[PDB]
Q: 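Here we have a deposited structure with triclosan present.
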There are 4 protein chains.
Amino acid sequence: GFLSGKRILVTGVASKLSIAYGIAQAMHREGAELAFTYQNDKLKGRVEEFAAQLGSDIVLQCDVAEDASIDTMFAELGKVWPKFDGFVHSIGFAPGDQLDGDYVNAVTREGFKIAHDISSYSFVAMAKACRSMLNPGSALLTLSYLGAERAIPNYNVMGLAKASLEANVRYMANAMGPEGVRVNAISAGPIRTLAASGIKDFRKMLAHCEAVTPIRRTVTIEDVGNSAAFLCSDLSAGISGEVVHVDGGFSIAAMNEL
Amino acid sequence: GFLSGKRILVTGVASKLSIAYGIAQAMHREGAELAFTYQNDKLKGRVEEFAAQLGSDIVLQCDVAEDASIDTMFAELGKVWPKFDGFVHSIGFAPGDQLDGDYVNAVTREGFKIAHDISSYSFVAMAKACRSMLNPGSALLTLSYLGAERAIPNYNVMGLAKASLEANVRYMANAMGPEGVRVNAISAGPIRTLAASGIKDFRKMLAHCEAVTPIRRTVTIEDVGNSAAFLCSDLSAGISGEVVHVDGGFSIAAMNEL
Amino acid sequence: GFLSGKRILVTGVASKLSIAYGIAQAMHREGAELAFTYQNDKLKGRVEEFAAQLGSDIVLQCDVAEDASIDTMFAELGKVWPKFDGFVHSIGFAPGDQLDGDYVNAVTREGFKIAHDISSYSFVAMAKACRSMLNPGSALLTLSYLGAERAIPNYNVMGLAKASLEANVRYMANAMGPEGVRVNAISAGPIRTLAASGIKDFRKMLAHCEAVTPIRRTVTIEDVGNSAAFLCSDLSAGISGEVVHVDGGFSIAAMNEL
Amino acid sequence: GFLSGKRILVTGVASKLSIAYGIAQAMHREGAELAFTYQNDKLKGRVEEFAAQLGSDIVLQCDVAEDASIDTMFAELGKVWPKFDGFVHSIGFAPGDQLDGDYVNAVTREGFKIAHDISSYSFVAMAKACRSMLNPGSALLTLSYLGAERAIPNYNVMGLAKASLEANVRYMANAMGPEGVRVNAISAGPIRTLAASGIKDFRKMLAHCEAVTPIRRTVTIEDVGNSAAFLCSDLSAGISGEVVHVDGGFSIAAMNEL
Ligand SMILES: NC(=O)c1ccc[n+]([C@@H]2O[C@H](COP(=O)([O-])OP(=O)(O)OC[C@H]3O[C@@H](n4cnc5c(N)ncnc54)[C@H](O)[C@@H]3O)[C@@H](O)[C@H]2O)c1
Ligand SMILES: NC(=O)c1ccc[n+]([C@@H]2O[C@H](COP(=O)([O-])OP(=O)(O)OC[C@H]3O[C@@H](n4cnc5c(N)ncnc54)[C@H](O)[C@@H]3O)[C@@H](O)[C@H]2O)c1
Ligand SMILES: NC(=O)c1ccc[n+]([C@@H]2O[C@H](COP(=O)([O-])OP(=O)(O)OC[C@H]3O[C@@H](n4cnc5c(N)ncnc54)[C@H](O)[C@@H]3O)[C@@H](O)[C@H]2O)c1
Ligand SMILES: NC(=O)c1ccc[n+]([C@@H]2O[C@H](COP(=O)([O-])OP(=O)(O)OC[C@H]3O[C@@H](n4cnc5c(N)ncnc54)[C@H](O)[C@@H]3O)[C@@H](O)[C@H]2O)c1
Ligand SMILES: Oc1cc(Cl)ccc1Oc1ccc(Cl)cc1Cl
Ligand SMILES: Oc1cc(Cl)ccc1Oc1ccc(Cl)cc1Cl
Ligand SMILES: Oc1cc(Cl)ccc1Oc1ccc(Cl)cc1Cl
Ligand SMILES: Oc1cc(Cl)ccc1Oc1ccc(Cl)cc1Cl
Ligand SMILES: OC[C@H]1O[C@@H](O)[C@H](O)[C@@H](O)[C@@H]1O
Ligand SMILES: OC[C@H]1O[C@@H](O)[C@H](O)[C@@H](O)[C@@H]1O
Ligand SMILES: OC[C@H]1O[C@H](O)[C@@H](O)[C@@H](O)[C@@H]1O
Ligand SMILES: OC[C@H]1O[C@H](O)[C@@H](O)[C@@H](O)[C@@H]1O
C-alpha cells in the first residue's frame with residue numbers, strides 16, 4: 001500500500017463508530033504500522049482489542065488536558081518508536097450546557113476556556129512534546145467542521161474553538177515546514193458518532209444535509225478514512241496548511257432547497 | 001452628522017495613537033454621544049481628560065478579565081444610559097513571551113488561554129451583560145487582523161485568538177439579529193500603537209506593507225475611525241456578521257515586490 | 001454631506017426599483033453632483049426625468065457592448081467634466097435561455113461569451129476610457145451576488161461571470177491604486193427589480209432569504225444605496241479591492257431553518 | 001493500484017515538463033487505462049510516442065475552440081470506449097500581449113474573450129459533449145492558479161479566467177452530482193512549463209515562491225500527478241466542488257522571511 005514504511009500514532013478511538021476507527025482501518029489497509037492512545041481507564045480494554053485486530057500492541061494512556069500525561073506518553077512511545085512519521089488528532093470537547101439554545105445566553109467564560117483548550121490547544125501541545133521524534137516527510141492531521149466558517153444553530157462555542165484549530169493548522173504548517181513536516185485538516189460532513197449525540201437536533205442536520213448535498217448522500221468514516229490516509233502519505237507531499245472539505249460538496253452550494 | 005441621536009460606549013483608549021482614539025473622534029464629529037471605559041488606575045487620568053475634550057463625562061473602570069468588573073460597569077452606566085445603541089471593543093492581549101520566534105516553541109497552555117480569554121471571549125462577555133439595555137437598531141464592533149486568516153511570523157498565538165474572534169462575530173450576529181442588533185469587525189492594516197511594539201519586528205511588517213499595498217501607504221486611525229463610524233450607524237443597516245478589510249488592499253494582492 | 005465636492009457618474013438606472021436609483025438618491029442626499037447614462041432610447045425619457053429631480057442635466061447614451069459608444073460618451077462628458085471623481089457600474093446581462101434549468105444543459109459558448117462580456121469586461125472597459133480624467137482620491141464601484149461564491153440553482157452562467165467581475169475588482173485596484181484610485185464591489189442580497197424577474201423562481205429566493213437572514217428582512221435599495229455612497233466617499237479611503245456583503249448576513253450562516 | 005478498472009481521458013500533454021505528463025505517469029502507475037488528445041498536427045507525433053510508452057494507442061485530435069472538434073473527438077472515442085470514467089482538463093491560453101505590464105493597459109475586449117473561452121468555457125463544453133458516456137462514480141478535474149484569488153503582476157486577464165473556471169467547478173459539481181459524477185480542481189503552485197515561460201518574469205515568481213513556501217521548495221509534476229490521481233479515484237468519493245491547493249502552503253502564509 002501507499003503507507004508502507006510509515007509509523008503513525010492514532011488518538012480518539014472510542015468505539016467502532018469513531019472517525020478515528022475509520023481512519024485506522026484505512027491506514028492499516030494501506031500498510032502503515034500503527035500505535036494508539038486512550039483517554040481514561042474505562043477505554044483501555046476496548047482499544048487494546050481494536051489495536052490487536054490491526055496488528056499492533058502499542059496502546060498508551062493519554063489525557064490531553066495535562067502536560068505531564070502527554071510527556072509521559074511520548075517517553076513510553078520512544079522505547080519502541082524512537083522516531084516515527086506523524087499522528088492523527090481526533091479529539092474534541094465542550095461542556096454539554098454550551099451546546100443547546102441561543103449562543104449568547106449559553107456561552108460562559110469557563111465553557112469557552114475548556115472548549116478551546118481540549119479542541120484546539122491540545123493539537124499543538126502534542127506537536128511540542130514529540131517535535132524531535134518526527135522524521136522528515138512526517139505529516140500531522142486534525143478534524144474540523146463547517147461551524148468554524150459559518151454560524152450554525154446549537155454548535156455555539158465549538159464553532160469558535162474549531163476556527164482557532166484551523167488557524168492552528170496554518171501556524172503549525174508555517175513553523176514546521178522547514179524541517180520537513182506537513183500539517184493539514186479534514187472538514188468532515190456530519191456523521192453519527194458517540195459525540196454526535198451531544199449536538200442538539202443532530203438528526204435533522206443529517207437528514208437536511210443528505211437532501212441538498214451535491215452527491216446526495218452524507219459521507220462515511222470510510223470516505224473520511226481514505227482522505228486521511230492520503231493526507232498522511234507521501235502522495236500528498238505538495239499539500240500543507242490546508243483544510244480539505246470532505247462533506248460531499250455541501251459547503252459550496254446555496255438554496256438547493258427549491 | 002450620521003450618528004446624531006446615537007449613544008455609543010468606547011473601550012480601549014490608552015493614548016492618542018490608539019485605534020479607539022481615532023474611532024471616538026470620528027464618532028464625535030458625526031454627532032454621537034459617547035461613554036468611555038479604562039482598564040486600570042494608571043490610565044484613568046488620561047481617559048477622563050480625552051473624554052472631556054469630546055464633551056463626555058461618562059468614564060468608568062472595566063477590566064474584561066473579570067465577570068464582576070463587567071457587570072458593575074454596566075450597572076453604573078445604566079444610571080445615566082438606561083438604554084443605549086451599542087459599543088466598540090478595541091482590546092487585545094497575550095503575554096510578551098508568546099510573540100517572539102518560532103510559534104510551536106513559544107506557545108504555552110497558559111499563554112493560549114490568556115490570549116483567547118482577553119482577545120476573543122471578552123467581546124461576547126460584554127454583549128451578555130448589556131443585552132437587555134440595547135435599543136432596536138443597535139450595532140457592536142470589534143477589531144481584528146490578517147493574522148486570523150494567514151500564518152504571520154511572530155504574531156503566533158494572537159493569530160489563533162483573532163480567528164476565534166471573527167467566528168465570535170458570526171455567531172453573535174446570528175443570535176442577536178432577530179432582536180434588532182448587528183455585529184461586525186474591521187480587519188485593520190498595521191498601525192504604530194503602544195501594543196504594536198510588543199510584536200517582534202513590527203517595524204519590518206510596517207515597512208513592507210507601505211511598499212506593496214495597492215494604495216501605497218499604510219492606513220491611519222482616521223481611516224479606521226471613519227469606517228468604524230459607518231459600521232455603527234444606520235447607514236450600514238444591511239451589513240451584519242461581516243469582517244471588513246481596512247488595510248488599503250494589502251490582503252488581496254500577491255508578489256507586488258517583484 | 002460626506003460627498004460634497006465630488007462628481008460621480010451613475011450607470012444602470014432603468015426604473016424606480018433599480019439598485020442604481022437607490023444609489024443615486026443616497027449620493028444626492030450626501031451632496032454629490034451627479035451625471036447619468038442610459039442604454040437605449042426606450043429609457044431616455046425616464047432617465048432624463050429621474051436626473052432632473054436630483055438636480056442634473058448630464059444624461060448621455062451608452063451601450064457597453066461597444067468600445068466606440070464608451071469612448072464617445074466620455075468625450076461628451078469631458079465638455080462639462082474634464083476631470084471627475086469616479087463612477088458606479090450597475091450593469092448585468094445574459095441571454096434568457098441561460099437562466100433556467102440544469103446549468104450544464106443550458107450553457108452555450110455564445111451564451112457564456114455575452115454574459116462575461118457585458119457583466120465583467122465592461123467594468124474595466126469603462127476604466128480604460130476615463131483613466132486620465134480621474135482625480136486623485138477617485139473611487140470605482142460595481143455590484144455582485146453570492147452566486148459568484150456558491151452554486152445557486154438557475155443563476156447558472158451569471159455566477160461564473162460575477163466570479164470574473166470580483167477578480168476584475170482585485171486586478172483593477174492593484175493596477176490603479178498607485179495613481180490614487182480605489183476599486184470595490186457590493187455583493188447585494190436579493191431585491192425585486194426589472195432584471196430580477198428574469199431569474200427562474202426569483203420569488204422563492206426572496207422569501208427564503210427573508211426567513212433565514214440574521215436581520216430577518218431582505219435588504220432594500222436604500223440599504224445598498226447608503227453603503228455605495230460610503231464606498232465612493234473619502235470616508236472609505238482605507239478600503240480597496242474589497243467585496244462587501246450587503247445581504248443582512250445571509251452568507252455567513254448555515255442551517256438556520258430549524 | 002487505486003485506479004485499477006478506471007478509464008480516464010487526458011488532455012494537455014505538450015512536452016515532458018507538462019502538468020498533464022506528470023498526471024498521466026501517476027495514473028498509469030496506479031493502474032488506469034488511458035486515452036489522450038492533441039491540440040493540432042504539430043503535436044501529433046510526440047503525443048503518439050508518449051501514449052505508446054504508457055501502453056495506450058487511443059490518441060485523438062481536439063481543439064477546444066471549436067464545438068465540432070469536441071463532438072468529433074467524443075464520437076471517435078466512443079468506438080473504443082462507449083462508457084468511461086472521467087477526464088483531466090489541463091488547458092489554458094490568452095494572447096501573449098495580455099500578460100505584460102499594467103493590467104488595465106494590456107487587457108482588451110478580444111483578449112478577455114479568448115482567455116475565458118479557452119481557459120474556462122472549454123471545461124463545461126467537454127462535459128456537455130460526453131455527459132451520457134460517463135459511468136456512475138466518474139470524476140472530472142481541471143487545473144487552476146492563485147491568480148484567481150489574488151491580484152498578481154503580469155498574470156493579468158488569466159486571473160479573471162481562472163476565477164470563472166473555479167466557479168465553473170462549483171456549478172458543474174452541483175448539476176452533475178445527483179447522477180453520480182464528481183467535479184474538482186487543483187490550484188497548483190508555480191512550475192516551469194512551456195506556457196509558464198510566456199509570463200513576463202516567471203523566473204522571479206518561481207524563485208520567490210521557493211524561498212517563502214512553508215515546505216521550502218516549489219512543487220513538482222509528480223506532486224501534482226499524485227494529488228490528481230487521488231481526486232479521480234474512488235478514494236476521494238467524499239470530495240466534490242473543491243479547489244485543492246497543491247502549492248506547498250504558499251497561499252496560507254504572509255510576510256515570511258521579512
Ligand atoms: N461526527 C461528526 O459529524 C464530526 C464532523 C466533523 C468533525 N468532527 C470531529 O472529529 C473528531 C472526532 O470526533 P467523533 O465524531 O469521532 O466522536 P467520538 O466520540 O467517537 O470521538 C471523540 C474522541 O475525543 C476524545 N477525547 C475527548 N477529550 C479528550 C481528552 N481530554 N484527552 C484525550 N482524548 C479526549 C474521546 O476519548 C473520544 O475518543 C472531533 O474532533 C470532532 O469534533 C466530527
Ligand atoms: N495596531 C495595529 O496595527 C492593529 C491592527 C489590527 C488590529 N489591531 C487590534 O486593535 C485593538 C486595539 O489595539 P491598538 O493597536 O489600538 O493598541 P493600544 O495599545 O492603543 O490598545 C490596546 C487596548 O487594550 C486594552 N486592554 C488590554 N487588556 C485589557 C483588559 N484585561 N481589560 C480592558 N482593556 C484591556 C488596553 O488598556 C488598551 O487600551 C486590539 O484588539 C488589537 O489587536 C491593531
Ligand atoms: N436585483 C438583485 O437582487 C441583485 C442582487 C445582486 C446584484 N445585482 C446586480 O445589480 C446590478 C443592477 O441590477 P438591478 O437589479 O438593479 O436591475 P435593473 O434591471 O434595474 O438594471 C439592470 C441594468 O443593466 C443595464 N444594462 C444591460 N445591458 C446593458 C448594456 N449592454 N449597456 C448598458 N447598460 C446595460 C440596463 O439598461 C439596466 O439599467 C446588476 O449588475 C445585477 O447583476 C442585482
Ligand atoms: N505551470 C504552472 O505553474 C501552472 C500553475 C497553475 C496552473 N497551471 C495550469 O495548468 C494547465 C496546464 O498548463 P502547463 O503549465 O502544464 O503548460 P503546457 O504548456 O505544458 O500545457 C498547456 C496545454 O494547453 C493546451 N491548449 C492550449 N490551447 C488549446 C486549445 N485551443 N485546444 C486544446 N488544447 C489547448 C496546449 O496544447 C498545451 O498542451 C493550464 O490550465 C495552466 O493554466 C499551470
Ligand atoms: O465537532 C462535531 C461536529 C458534528 Cl456535526 C458532530 C460531532 C462533533 O464532534 C463533537 C461535538 C461535540 C462534542 Cl462535546 C464533542 C465532539 Cl468530538
Ligand atoms: O493585533 C495587533 C496587530 C498588529 Cl499588526 C499590531 C498590534 C496589534 O495589537 C496587539 C498586539 C499584541 C498585543 Cl500583546 C496586544 C495587542 Cl492590542
Ligand atoms: O445579478 C442578479 C442577482 C439577483 Cl438575485 C437578481 C437579479 C440580478 O441581476 C440580473 C440578473 C439576470 C440578468 Cl439577465 C440581468 C441582471 Cl442585471
Ligand atoms: O496558469 C498558469 C499559472 C502559472 Cl503560475 C504558470 C503557468 C500557467 O499556465 C498558463 C499561463 C498563461 C497562459 Cl497564456 C496559458 C497557460 Cl496554460
Ligand atoms: O473530566 C470530565 C471531562 O473533562 C475534560 O477535560 C475531558 O476532555 C472530557 O472528555 C471529560 O468529560
Ligand atoms: O441587443 C440585444 C441585447 O444585447 C445585449 O448586449 C444587451 O446587454 C441587452 O440588454 C440586449 O437585450
Ligand atoms: O497582569 C497582566 C495582564 O493580565 C491582563 O488580563 C491583560 O489584559 C494585561 O493587560 C495585564 O497586564
Ligand atoms: O492560433 C492561435 C491560438 O488559437 C487557439 O484557440 C489557442 O488556444 C492557441 O493555442 C492558438 O495559438
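Sequence lines set the chain letters: A, B, ... in the order given, protein chains first and strands last, and positions in each chain run from 1. What's counted below: heavy atoms across the whole structure, side chains too, no hydrogens, waters or symmetry copies. Just so you know, ligand 1 is whichever comes first in the structure, and atom 1 is the first atom listed for that ligand.
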Q: Can you help me spot every copy of triclosan here?
A: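 You'll find it at ligands 5, 6, 7 and 8.
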Q: Just trying to sort out this structure - which chain has the greatest number of contacts to triclosan (ligand 8), name per UniProt?
A: Enoyl-[acyl-carrier-protein] reductase [NADH] FabI
Q: Are any other chains within heavy-atom reach of triclosan (ligand 8) at under 4.0 Å, and if so which?
A: D
Q: When you measure from atom 14 (Cl) of triclosan (ligand 8) to every protein heavy atom, which one gives the shortest distance, and what is it?
A: D:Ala94 N, 3.3 Å
Q: Please provide the UniProt active-site residue in chain D nearest to triclosan (ligand 8) and the shortest heavy-atom distance, rounded to 1 Å.
A: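 The closest one among UniProt active-site residues, measured by heavy atoms, is D:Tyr155, 3 Å.
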Q: To the nearest 0.1 Å, how far is atom 16 (C) of triclosan (ligand 8) from its closest protein heavy atom, and which atom is that?
A: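 For this ligand atom, the closest protein heavy atom is D:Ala195 CB, 3.5 Å.
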Q: Wondering about overlap here: which UniProt-listed substrate-binding residues of chain D have a non-hydrogen atom under 4.0 Å from triclosan (ligand 8)?
A: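 Short answer: the UniProt residues with a heavy atom that close are D:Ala94.
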Q: Which residues carry both labels: UniProt NAD(+)-binding in chain D, and heavy atom within 4.0 Å of triclosan (ligand 8)?
A: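 Within heavy-atom range of triclosan (ligand 8), the UniProt set gives D:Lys162, D:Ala195.
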Q: Has D:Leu99 got any heavy atom lying under 4.0 angstrom from an atom of triclosan (ligand 8)?
A: yes
Q: Provide, to 0.1 Å, the distance between atom 7 (C) of triclosan (ligand 8) and the closest protein heavy atom, together with that atom's residue and name.
A: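 Answer, as residue, atom name and distance: D:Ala196 CA, 3.7 Å.
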Q: Which heavy atom of the protein is the closest neighbour of atom 4 (C) of triclosan (ligand 8), given with residue, atom name and distance?
A: D:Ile199 CD1, 4.1 Å
Q: Looking only at protein heavy atoms, which one is nearest to atom 17 (Cl) of triclosan (ligand 8), and what is the separation?
A: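 Checked against all protein heavy atoms, atom 17 (Cl) of triclosan (ligand 8) sits closest to D:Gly92 O, 3.4 Å.
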Q: Where is the nearest protein heavy atom to atom 3 (C) of triclosan (ligand 8): which residue, which atom, and how far?
A: D:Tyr155 CE1, 3.5 Å
Q: Can you walk me through which residues contact triclosan (ligand 8) using 4.0 Å for heavy atoms?
A: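 Going by non-hydrogen atoms, it's D:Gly92, D:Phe93, D:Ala94, D:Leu99, D:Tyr145, D:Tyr155, D:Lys162, D:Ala195, D:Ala196, D:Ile199, D:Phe202.
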